[PDB]
Enquirer: 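Here's a structure for you.
Below, chains carry the letters A, B, ... as their sequence lines are ordered, and counting in each starts from 1. Technique stated in the header: X-ray crystallography, 2.8 Å. Counting starts at 1 for both ligands and their atoms, in listed order.
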Amino acid sequence: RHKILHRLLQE
Amino acid sequence: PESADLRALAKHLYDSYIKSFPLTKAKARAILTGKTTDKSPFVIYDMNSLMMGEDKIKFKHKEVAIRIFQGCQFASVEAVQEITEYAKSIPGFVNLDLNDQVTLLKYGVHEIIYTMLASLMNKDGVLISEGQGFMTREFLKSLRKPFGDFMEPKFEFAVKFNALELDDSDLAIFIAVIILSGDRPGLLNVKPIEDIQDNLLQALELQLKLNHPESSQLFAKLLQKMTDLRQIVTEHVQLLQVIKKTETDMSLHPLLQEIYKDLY
Ligand SMILES: Cc1ccc(NC(=O)c2ccc(CN3CCN(C)CC3)cc2)cc1Nc1nccc(-c2cccnc2)n1
């Protein structure tokens, strides 16, 4: 869960 | 001394703020007073003006209330990206637990959206699409329920909040203070978060002295508004509970879904 949030953060 | 380390922080945060966000409160206020030499925003006061205004508004690609609310979603989703990019610039934020990074953002973003949305608001209406539009408060009230009630509390909060006449440089530390909230449900390792926030709060305090009188009293006013926010954020998510059931047709943006998941 929270895939896009993880993506934007590790981006 | 360490009073120098706090001005470094306030200035680092302010620079990240300018770079992370398209439109500063400075410009937003200039536009809202016409005082800007830049072109006026297309004014939207009814469906006719909205339909003529599609021109000068960042497009989307079926009902006006739902289409307006659909406009807010894309704006919110861009704001979450700008806020997430800014959080990454807060010294020690990216060194926190990636689960705690997600948690702080999950709860933080809507509070910061409403803080910054006040920058675009007066009693009469709201600057949209980076100042290219101006949607009137009366028009947004005139939307059918539950969409009519969607932005009134944000207008209510903004008129109180704009009182404190805070500047962009005040707002940069304030929103950094809101993200670094130790008391967010689900946080694993609180003390590192609480440590950073203490740093930011000192910087906020110092910043507010160097820019405003009745500083401790302003600084005090400004920290109570920080709970006026959690209120309207809670009220907002209940209205989306309402809208998710009552309007099964309209779909919510996957990123807005990741955030509202198990929120209040
Ligand atoms: C109806 C409304 C209310 C609020 C907003 N804006 C926001 O919700 C919002 C919140 C925070 C920020 C962050 N921003 C950065 C910092 N600056 C100083 C302050 C705020 C930006 C936008 C947009 C809209 N409406 C909107 N915005 C863009 C497009 C459309 C739209 C409407 C109809 C058809 N197609 C598109 N509609």
Enquirer: Can you identify the drug or drug candidate present at ligand 1?
Expert: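 Answer: imatinib.
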Enquirer: Which chain forms the largest contact interface with imatinib when counted as heavy-atom pairs under 4.5 Å, and how does UniProt name it?
Expert: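 By contact count, the main one is Peroxisome proliferator-activated receptor gamma.
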Enquirer: Which chain letters have at least one heavy atom nearer than 4.0 Å to any atom of imatinib?
Expert: B
Enquirer: Which UniProt-defined domain of chain B has the greatest number of residues in contact with imatinib?
Expert: NR LBD
Enquirer: Any chance you could list the binding-site residues for imatinib? Cut-off is 4.0 Å, heavy atoms.
Expert: B:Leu23, B:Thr24, B:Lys25, B:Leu50, B:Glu54, B:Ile57, B:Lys58, B:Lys60, B:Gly71, B:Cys72, B:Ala75, B:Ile113, B:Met116, B:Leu117, B:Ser119, B:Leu120, B:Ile128, B:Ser129, B:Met151
